[PDB]
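Bound complex of 6-aminohexanoate-dimer hydrolase and aminocaproic acid.
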There are 2 protein chains.
Amino acid sequence: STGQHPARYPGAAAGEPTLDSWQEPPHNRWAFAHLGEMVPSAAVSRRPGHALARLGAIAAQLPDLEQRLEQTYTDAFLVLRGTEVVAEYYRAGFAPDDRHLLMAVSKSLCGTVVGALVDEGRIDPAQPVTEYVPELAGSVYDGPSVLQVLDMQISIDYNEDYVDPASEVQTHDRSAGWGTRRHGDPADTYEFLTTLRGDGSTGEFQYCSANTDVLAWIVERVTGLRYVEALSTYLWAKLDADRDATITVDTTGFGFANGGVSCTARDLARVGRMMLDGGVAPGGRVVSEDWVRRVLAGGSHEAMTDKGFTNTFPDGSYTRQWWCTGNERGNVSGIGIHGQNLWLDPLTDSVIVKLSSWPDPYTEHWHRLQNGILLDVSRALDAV
Amino acid sequence: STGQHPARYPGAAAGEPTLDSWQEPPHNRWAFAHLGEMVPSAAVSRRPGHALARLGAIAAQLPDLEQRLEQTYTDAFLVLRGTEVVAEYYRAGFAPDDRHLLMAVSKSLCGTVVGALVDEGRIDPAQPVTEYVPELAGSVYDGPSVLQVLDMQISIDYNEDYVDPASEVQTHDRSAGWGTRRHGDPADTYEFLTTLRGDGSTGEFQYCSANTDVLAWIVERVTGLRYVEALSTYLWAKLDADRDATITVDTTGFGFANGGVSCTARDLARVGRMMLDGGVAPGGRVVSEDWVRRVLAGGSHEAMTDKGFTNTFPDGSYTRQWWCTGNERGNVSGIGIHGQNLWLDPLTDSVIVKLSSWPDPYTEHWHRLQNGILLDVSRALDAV
Ligand SMILES: NCCCCCC(=O)O
Ligand SMILES: NCCCCCC(=O)O
């Protein structure tokens with residue numbers, strides 16, 4: 001039992017509707033207006049082939065930038081300096097207003113929602129996860145504080161070998177609908193989370209996507225809103241975005257908070273703009289000045305033992321669902337597999353969005369190239 | 001074997017990607033930009049409770065109209081007289097720009113695409129289905145002409161008892177992803193179609209959703225385009241619609257042509273406007289004047305033996321995926337279960353869109369009420 005969860009619609013029974021009941025009353029009134037949430041669906045374009053390159057100014061400083069973007073399988077690239085879009089690139093076949101999967105950049109958005117609730121006093125990061133999700137008692141999340149989830153400083157037995165279907169990484173995906181269910185798999189994401197275990201130690205960084213989903217679960221218990229709605233109410237609806245964002249949902253309607261959000265490059269930049277504006281967005285304050293300051297300040301360096309990160313960023317750290325480089329520019333970034341970045345360059349008051357599709361989720365090679373681009377573009381924005 | 005089908009993306013292998021391979025190259029470049037086509041997804045609103053009733057003029061003639069709409073579980077209602085929206089209604093919780101499942105009104109859209117191709121000389125309705133889809137040899141579609149599919153005049157052993165999972169109606173849904181697959185079910189919609197059989201007789205009307213999917217299959221074989229794209233290229237992209245429409249897709253990416261399209265009420269009205277404009281839309285001619293004329297003229301009355309239709313419309317018929325009332329007003333309508341109608345009233349040059357969610361897919365009761373409303377509103381538009 002995973003306890004109470006936000007109903008898919010007002011008055012809906014637990015877990016309703018399912019793929020086999022959405023056509024029945026009372027579910028159908030809701031389902032007929034949100035079928036994409038139940039069945040895979042394609043867009044039928046209202047509009048009746050070549051890459052779009054508008055690298056503007058930085059072009060002179062970075063002559064081979066377009067080629068570098070192509071080399072890193074770039075789908076969408078956008079640089080926002082202050083409130084102005086100063087550079088843009090979209091591969092052939094990807095429109096400027098098309099949406100792109102964010103993978104783990106989604107985590108930084110979730111952390112933002114949590115931050116909003118902390119500001120409201122609805123969530124106390126010092127409290128144990130079980131204070132908000134009692135059903136996580138008996139799991140690896142029994143004992144750790146919400147802040148430890150936010151900073152991913154919980155030791156968890158989590159097999160990351162996606163080649164092995166028995167791995168936690170693969171099981172997590174199947175439990176959420178990202179892959180075909182296998183006999184024995186948990187019914188939904190909530191159930192999957194309760195199956196996680198660890199030695200009980202905390203304090204050391206361990207990147208684990210399950211942590212973000214636990215944060216989303218906490219968000220639901222504290223607000224009573226489906227994570228999908230909370231993500232809109234506390235963040236998306238305040239950005240004055242061009243388009244809605246989307247998020248994959250599991251069989252209960254629970255959004256895949258750790259990596260299932262998709263949005264346009266320009267809209268993602270609005271999240272970065274909000275961060276560089278002390279937590280304020282066009283529709284109102286999203287998070288407190290303090291929350292933003294803590295994100296830019298970074299997490300405990302000693303907790304960060306991931307060489308994949310520290311080899312490039314020796315003084316790097318992680319906090320509140322954001323990667324902190326700890327470099328001379330104080331760069332902080334949301335990061336997602338296959339080349340997704342919501343990169344903040346406070347020095348130039350700029351945001352760099354890079355959405356890609358590397359053939360591999362992660363390799364030292366791709367990261368070296370990707371970071372080289374983000375750093376070069378950041379430096380190209382410096383006053384000279 | 002169901003033969004060649006349009007690749008999900010340029011160069012894609014047959015059936016790729018699947019729910020278990022979309023994250024892999026080369027599929028991921030496409031998948032990351034169209035994840036909703038693979039995994040159920042929810043919209044994260046960019047916008048931060050009460051019914052909207054703007055029945056304008058017809059209000060005076062139909063004082064209790066709003067109540068009548070509520071009684072028939074109306075979600076969206078819109079009347080377009082000429083090029084002007086003269087009446088609108090949206091239930092509480094449904095925004096004017098929200099999309100709604102069209103159910104079988106989707107069939108009329110498919111027939112329109114077929115008509116466009118007939119006008120181009122790419123499809124000859126007199127030709128046997130097997131001329132375009134040879135793989136349907138050995139099935140109930142081996143022998144009948146494309147026109148017989150268009151007019152649904154093929155006898156098919158098709159169990160319509162949805163309560164029975166073994167029924168063709170239920171199996172059709174599961175094969176397309178509208179329901180959870182059961183061991184033994186066809187892998188996709190194409191395969192399901194090839195399993196259909198009949199006594200070989202033709203000429204009498206038999207409403208069967210499988211017919212529309214065969215039409216979509218023909219569309220794909222003749223154009224080489226995924227039905228999703230053909231629906232946009234030959235119809236949607238020429239309407240100057242406010243929003244994209246959406247269509248559910250099965251595991252191969254094949255759109256559920258018979259009933260999976262969703263769109264706004266106002267945009268659906270643009271389809272009716274095109275029909276009343278002799279087949280021309282803002283973006284160009286969609287179908288020929290002759291095609292539209294044949295739709296308004298109706299099909300063979302003798303073929304129409306469905307009492308559920310003739311008890312209300314004695315001189316009714318069906319042709320090219322449209323229901324023809326044969327009444328004194330010459331009303332013709334796209335119809336879908338649970339109360340969906342794309343109703344044409346040529347006399348007043350008006351289109352009536354009614355999207356609903358009746359608790360039941362079909363009952364004499366709901367239809368009596370629904371038709372009473374459509375007829376009363378049509379008459380209220382008459383010059384006096
Ligand atoms: N859990 C499935 C993949 C989620 C994305 C993870 C990441 O981008 O680091
Ligand atoms: N084949 C699943 C239902 C399709 C809708 C049918 C109809 O509206 O008549």
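Chain letters run A, B, ... following the sequence lines, proteins first and then strands; every chain starts at 1. Counting starts at 1 for both ligands and their atoms, following the listed order. Just so it is clear, the values below take in all heavy atoms, side chains as well, and ignore hydrogens, waters and symmetry mates.
In contact with aminocaproic acid (ligand 1) at heavy-atom distances under 4.0 Å, by letter: A. Proximity to A/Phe256 (heavy-atom distance under 4.0 Å) selects the following atoms of aminocaproic acid (ligand 1): 1 (N), 2 (C).
Residue A/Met103 has at least one heavy-atom neighbour below 4.0 Å for each of these atoms of aminocaproic acid (ligand 1): 5 (C), 8 (O).
An N or O contact shorter than 3.5 Å links A/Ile337 to aminocaproic acid (ligand 1) by distance. Looking at A/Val105 against aminocaproic acid (ligand 1), nothing comes within 4.0 Å, counting heavy atoms.
Residue A/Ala104 has at least one heavy-atom neighbour below 4.0 Å for each of these atoms of aminocaproic acid (ligand 1): 5 (C), 6 (C), 7 (C), 8 (O), 9 (O).
Inclusion of A/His172 in the set of residues having an N or O under 3.5 Å from an N or O of aminocaproic acid (ligand 1) is not warranted. Looking at aminocaproic acid (ligand 1), you'll find an N or O of A/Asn258 within less than 3.5 Å of one of its N or O atoms. For A/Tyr207, the heavy-atom gap to aminocaproic acid (ligand 1) drops under 4.0 angstrom. Heavy atoms within 4.0 Å of aminocaproic acid (ligand 1) belong to A/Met103, A/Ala104, A/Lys107, A/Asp173, A/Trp178, A/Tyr207, A/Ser209, A/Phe256, A/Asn258, A/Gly336, A/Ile337.
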